[PDB]
A.B. asks: 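Got a PDB entry here containing lisuride. Few questions.
In this chain, residues are counted from 1 in sequence order. Heavy-atom basis, side chains included; hydrogens, waters and symmetry copies ignored. Atoms within a ligand are numbered from 1 in the order they appear, just like the ligands themselves.
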Amino acid sequence: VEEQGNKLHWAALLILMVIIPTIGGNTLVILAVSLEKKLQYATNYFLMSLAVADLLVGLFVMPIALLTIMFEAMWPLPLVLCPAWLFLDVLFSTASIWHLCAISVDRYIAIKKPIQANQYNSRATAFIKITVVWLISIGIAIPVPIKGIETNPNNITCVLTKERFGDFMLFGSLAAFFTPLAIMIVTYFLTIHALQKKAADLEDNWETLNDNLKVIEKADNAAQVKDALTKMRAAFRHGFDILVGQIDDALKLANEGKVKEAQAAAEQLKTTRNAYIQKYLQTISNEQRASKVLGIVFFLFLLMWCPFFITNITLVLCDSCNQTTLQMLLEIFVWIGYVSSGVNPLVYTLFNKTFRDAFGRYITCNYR
Ligand SMILES: CC(C)CCC[C@@H](C)[C@H]1CC[C@H]2[C@@H]3CC=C4C[C@@H](O)CC[C@]4(C)[C@H]3CC[C@]12C
Ligand SMILES: CCN(CC)C(=O)N[C@H]1C=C2c3cccc4[nH]cc(c34)C[C@H]2N(C)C1
């Protein structure tokens, strides 16, 4: 008879490359938001909340998960801690995916509606959005402790069983991964359409005011400006006004009869328009550059969680598949997601200069 051997080396490899990078990676993100006041704004409370969720995985979920790998199938801890550990696993892992969904949506509405709210009014919006995400995560994770594990059986095997959590494995998976994925996919195309439209209207304005100064440049009479300059009447909230009244000021010279004086005044908007739309051009450029980074990073997160959730629902639907050689894959695919959830806030914040500069001095134990 050939029995299974030791697997301590795998657990050791997990500590080095999963647990330690998870706890440490999320600790840096939390510290950066907590210490550096330059990062203490509403948007980064999604990242801090997310970092906390993933931190608790590496602290209370991942270490105990080693015992399943390192020790026998029997639950070594007290029986009461079995559904709790199962609950915390589902809770925090779901919180990670739904946080990104929240961020994916929140980043989209920031593009469609640039002036969403003030600094104060958006600060409370964060807490509400964070709370909802956590409340969603609880409702998805709470079928586990309510149902419980199978209890003359003295000991217990702390594991989600297909014969019991069949509905939960299938539905929970849909509600925890495939549902936010569906949203992040929709908001993706919504974001792509938003950016290409936001720049389409800018190119429209940049071409319609240039066409109305060319007719202002080559002007024979003030009557030629009496209809052409009026077309520019409707084209930092002070931004739109500094050129509106400026264009209206030129019309005052047109009605007065000063044509040549108005043409030279129209050339004064050359340093006004260029310094304004180019400032709004990099606004879109940075908005497009930040969304592309968010897209790829969030994609890799979901992609690494894919092998688990696709296999998890397969364990339920496919009744023809080998149960033994399918749940053994789950025992590996979970850690792939654990790697994903662990380094998710870190990697995303490595593209931010302030976050990255903060991490550099926190490793050197500076803390300002
Ligand atoms: C629990 C088991 C796996 C062992 C403990 C893991 C150790 C190696 C991990 C977990 C948390 C990690 C720490 C998290 C926070 C910081 C602050 C940072 O400025 C320097 C690195 C440092 C100090 C990390 C070093 C490595 C660390 C201590
Ligand atoms: C570590 C505990 N054990 C040993 C039994 C596991 O097998 N845990 C897996 C189950 C999970 C799960 C199942 C169903 C719906 C779900 N929504 C969110 C999650 C989830 C998280 C997911 N975690 C990450 C891995």
A.B. asks: Enumerate the ligands or chains that make up lisuride.
C.D. replies: ligand 2
A.B. asks: State which chain has the largest number of heavy-atom pairs within 4.5 Å of lisuride (ligand 2), named as in the PDB entry.
C.D. replies: 5HT2B receptor, BRIL chimera
A.B. asks: Which residues of chain A carry a UniProt ergotamine-binding annotation and have a heavy atom under 4.0 Å from lisuride (ligand 2)?
C.D. replies: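 Among UniProt's ergotamine binders, a heavy atom under 4.0 Å is found in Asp89, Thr94, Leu160.
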A.B. asks: By UniProt's count from the N terminus, which transmembrane segments of chain A have non-hydrogen atoms under 4.0 Å from lisuride (ligand 2)?
C.D. replies: 3, 5, 6, 7
A.B. asks: Name the residues that contact lisuride (ligand 2) at heavy-atom distances below 4.0 Å.
C.D. replies: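 Within 4.0 Å on heavy atoms: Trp85, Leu86, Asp89, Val90, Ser93, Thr94, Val159, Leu160, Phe168, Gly172, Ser173, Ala176, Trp305, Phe308, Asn312, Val334, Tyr338.
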